[PDB]
Amino acid sequence: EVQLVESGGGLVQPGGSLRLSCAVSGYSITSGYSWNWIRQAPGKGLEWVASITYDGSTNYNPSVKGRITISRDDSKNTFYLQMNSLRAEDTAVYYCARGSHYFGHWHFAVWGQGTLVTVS
Amino acid sequence: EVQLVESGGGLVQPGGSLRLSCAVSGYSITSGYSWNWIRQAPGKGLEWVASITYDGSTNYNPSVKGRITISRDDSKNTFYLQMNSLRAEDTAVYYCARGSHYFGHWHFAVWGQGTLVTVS
Amino acid sequence: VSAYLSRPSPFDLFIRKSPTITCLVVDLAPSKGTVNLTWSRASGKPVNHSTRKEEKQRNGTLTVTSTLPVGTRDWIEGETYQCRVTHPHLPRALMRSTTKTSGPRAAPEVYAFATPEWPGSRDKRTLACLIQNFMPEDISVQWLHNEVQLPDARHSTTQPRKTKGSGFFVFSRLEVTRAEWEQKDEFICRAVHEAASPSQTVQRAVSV
Amino acid sequence: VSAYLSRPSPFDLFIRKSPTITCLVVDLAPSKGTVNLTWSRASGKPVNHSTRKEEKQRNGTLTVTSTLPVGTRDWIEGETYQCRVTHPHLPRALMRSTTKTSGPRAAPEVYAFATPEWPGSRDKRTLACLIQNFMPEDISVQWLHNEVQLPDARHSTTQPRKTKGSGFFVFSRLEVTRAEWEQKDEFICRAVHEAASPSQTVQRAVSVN
Amino acid sequence: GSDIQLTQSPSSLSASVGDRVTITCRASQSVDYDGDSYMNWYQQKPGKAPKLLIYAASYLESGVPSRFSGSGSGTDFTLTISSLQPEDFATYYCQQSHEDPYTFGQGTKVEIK
Amino acid sequence: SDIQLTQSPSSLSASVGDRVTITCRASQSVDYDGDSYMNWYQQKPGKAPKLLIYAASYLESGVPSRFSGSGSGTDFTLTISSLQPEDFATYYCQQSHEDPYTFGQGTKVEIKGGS
Ligand SMILES: *[C@@H]1O[C@H](CO)[C@@H](O[C@@H]2O[C@H](CO)[C@@H](O[C@@H]3O[C@H](CO[C@H]4O[C@H](CO)[C@@H](O[C@@H]5O[C@H](CO)[C@@H](O)[C@H](O)[C@@H]5O)[C@H](O)[C@@H]4O)[C@@H](O)[C@H](O[C@H]4O[C@H](CO)[C@@H](O)[C@H](O)[C@@H]4O)[C@@H]3O)[C@H](O)[C@H]2NC(C)=O)[C@H](O)[C@H]1NC(C)=O
Ligand SMILES: *[C@@H]1O[C@H](CO)[C@@H](O[C@@H]2O[C@H](CO)[C@@H](O[C@@H]3O[C@H](CO[C@H]4O[C@H](CO)[C@@H](O)[C@H](O)[C@@H]4O)[C@@H](O)[C@H](O)[C@@H]3O)[C@H](O)[C@H]2NC(C)=O)[C@H](O)[C@H]1NC(C)=O
Ligand SMILES: *[C@@H]1O[C@H](CO)[C@@H](O)[C@H](O)[C@H]1NC(C)=O
């Protein structure tokens, strides 16, 4: 069974930069599916942040384009969210999720427990 | 299984009389159903001639009432058509048929091969 | 509104010799004025006294059933019974008919056995019956506990389905008490069918 | 218009090792231009080369089938194949999905008997097979006369029903002729099921004598 | 002449195997009563006695091929052969059982072309 | 400049066995190719969402049949036919039609009384 675990949260300073990591086990992130980062500000809505397909195609939300970067590591079966110039508007819980494919459209069938990012 | 046989047909002279028989086998003509005579002029339509029920009721076609009689004979499981004063219009094929009952109305579900009556 | 007219069970026709046929009307709105459910026979002899029953339903639906006794000699001789539902609402009338289904006829073969005793069945044993190659489809399946006929509730049997060649077949599964296989270690699977000979009965015995 | 999406049989999947899934569209009249029916996998991996075929029946309806091959490993690893039919005469689309049935897995145990000869039919005998306690429910049953595979017509098998306990069961009847068992009195009732170990096969041998 | 007269059409027709044949009966007066219509349809092949096909306008006599169908009410009834067949070439009669004397239509011959 | 999803109601209370109906309205149509790309998620507090329905009306595997989805264009509805104790959660719709993918704000389904 596919399992996903976020790491890299903590108390962080504004304007700095942080790397979140999603450690996937039980399925290979180059064998299929889309790999997403979705965040949730406290008691607010879910926001889709960025994705990478198994074949390497990347997609971003315009709300974070430029200051956020998504990469993977075939060797470590992990993928990463690089965030620069952190703002208060970035404080949230970041979930990583495995998207399942429906005729060119993706839905988020598997998530992980979440990691918290807080910006003073 | 309820088979019916006409008999007694033949060539007959005008103004005379003849009697046809329907030799019923496989069912008791007093046990149920309606027992009919139908005749058909060569290349003409079917004309219903006479009927007799298992209980003895008679019915005649008014076009021949008064010179046609229908009678039955329980022991020989046979029934008969009595005709006096034969005319040319009586020339036809005489069929006997077992009518089945539907909420007070009868349909002609079982027939016999017919016997021919020729006048003149 | 739908309407159904059943046949006699072979058992009612060839053993008890007290056959009946039921005319069942369903899907009625109780709002409507009551339905007329009259009978006719192909012979023209009059109809016995039929029994009427109304039973309102959990669907807001209403069920009226009519059962009519029928003559054994009359049915086998090739009689036709017809039910007619009319209503002041309904435009015309519904009619359903029944008869002895004419066709080729073959008597059933019967085999009984045990299913392998299996974990979770210390006091429970399971008995099965195969009945096949009969036609027409009309059949009555019976389990008997050594000269005592068993409640039909105790056994559940499958609907007749068509074989590859030409016969029908059914399955009867039966679980017998520890006491029952101990009180008597013999069980009888019997089928009643118009082709079966003699007395329209064929049966076998099988034990735990 | 209706659309049906079949799964690969255990036999096609473990013996022929050439599994395929068919998406069947039925009840359509030729009518307006033909229907478009495409595929998708849950993984997003691309779909093979699928073959389409159109057939006009006696009743005037159109049977359009699309056949797609699958990798046995892909299927067992738990892929999801999805078919989607679109038609101008239909406002929305029909979608059918198929995948490996989730749950516990128990291989089937098999029992075969012969029926005692019946009076009047000395030359036909009936052999029976009960297959039970397996899951999931997907199973393939085939009869062999000593390593000669018999046409699937020769036998009738019940659809799997769920027992009181935890397995499913099926019951298979095979009618064999006297000539067949006198030349060779060995008959094999064989089940192909994904839990059976090894090679996904369980069988019993049954003789008329 | 106060009887019920049944007029059929067509009198004669030509068809091919697989066609749909439709025959019509028109009665001098209504043969409806009690929510039913007492019109029966018979087939007569040459030199043989008639055979009953449909009774009560729309009910198929037992053992009658499914392609035969009847319909109608009032004074208008229709026999329909949905898919003509090689043996179905014959003359076809309607007969009313509502009011005595029972009367027959004049027949329609369906001929093979 | 994105697609907005408004859900209604915001918050609701029910009891076990009730029938609950939630509405999602998209700022513009999410239809293409005869399908509707609206997905429904369940989120219990302190836990991550769980996918229930994708493409408006299709059930994710292992999801109880009591969940059903329907709709087209910009009007979609999640229907729980028979509420259960475990069904008390916040529920999100999210459109997969056009980038960037967007979620509704959520409908909180709380048990009748006081949470
Ligand atoms: C006009 O005439 C045509 C021609 O006869 C009619 O076409 C038929 O139409 C019916 C009605 O829809 C249709 O019945 C459905 O059949 C589905 C297909 O399943 C059949 O075929 C498959 C493949 O051939 C079989 O499975 C295969 O098994 C093989 C090994 O075992 C394997 O190699 C293969 O890959 C498959 O696994 C299957 O056993 C069966 O033979 C059925 O799935 C379906 O039933 C399902 O759905 C209902 C619910 O909707 C359930 O209740 C049911 O239990 C089951 O789950 C349908 O019954 C039939 O396929 C079709 N045939 C053709 C050739 O077109 C047409 O219907 C007629 N229509 C009119 C208006 O006249
Ligand atoms: C209202 O409440 C009622 C609850 O009692 C519901 O009534 C049930 O209605 C169904 C009809 O859908 C009856 O079901 C069966 O009908 C089948 C038909 O299948 C085959 O039957 C013959 C048998 O030879 C076969 O020739 C046909 O071709 C069919 O394939 C039959 O197997 C039975 O006759 C049986 O009647 C139920 O019996 C009936 N229940 C009761 C208790 O009477 C009803 O659905 C509810 N809803 C409505 C809208 O009325
Ligand atoms: C049904 O028809 C018979 C025949 O006259 C009659 O007894 C009955 O009253 C009719 N209608 C009803 C509603 O019973």
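Sequence lines set the chain letters: A, B, ... in the order given, protein chains first and strands last, and positions in each chain run from 1. Keep in mind that the numbers below use all heavy atoms, side chains included, and drop hydrogens, waters and symmetry copies.
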Q | chains B and E drug | A | omalizumab
Q.
Out of curiosity, which chain makes more contacts with omalizumab (chains B and E) than the others? Name from UniProt, please.
A. Immunoglobulin heavy constant epsilon
Q) Using a heavy-atom cut-off of 4.5 Å, which other chains touch omalizumab (chains B and E)? A) C
Q: Report, by number, the residues of chain C within 4.5 Å of omalizumab (chains B and E) (heavy atoms only).
A: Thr38(C), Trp39(C), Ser40(C), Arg41(C), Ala42(C), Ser43(C), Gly44(C), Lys45(C), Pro46(C), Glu77(C), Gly78(C), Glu79(C), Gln82(C), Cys83(C), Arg84(C), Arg92(C), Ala93(C), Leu94(C), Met95(C), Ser97(C)
Q.
So, looking at omalizumab (chains B and E) and chain C, which antibody residues are closer than 4.5 Å by heavy atoms?
A. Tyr27(B), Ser31(B), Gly32(B), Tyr33(B), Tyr54(B), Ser100(B), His101(B), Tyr102(B), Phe103(B), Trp106(B), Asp34(E), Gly35(E), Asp36(E), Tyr38(E), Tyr55(E), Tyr59(E)
Q) Among the UniProt domains of chain C, which one holds most residues within contact distance of omalizumab (chains B and E)? A) Ig-like 3
(Q) Any idea what organism chain C is from, going by the entry? (A) Homo sapiens
Q.
Quick one: what name did the entry give chain B?
A. Omalizumab VH
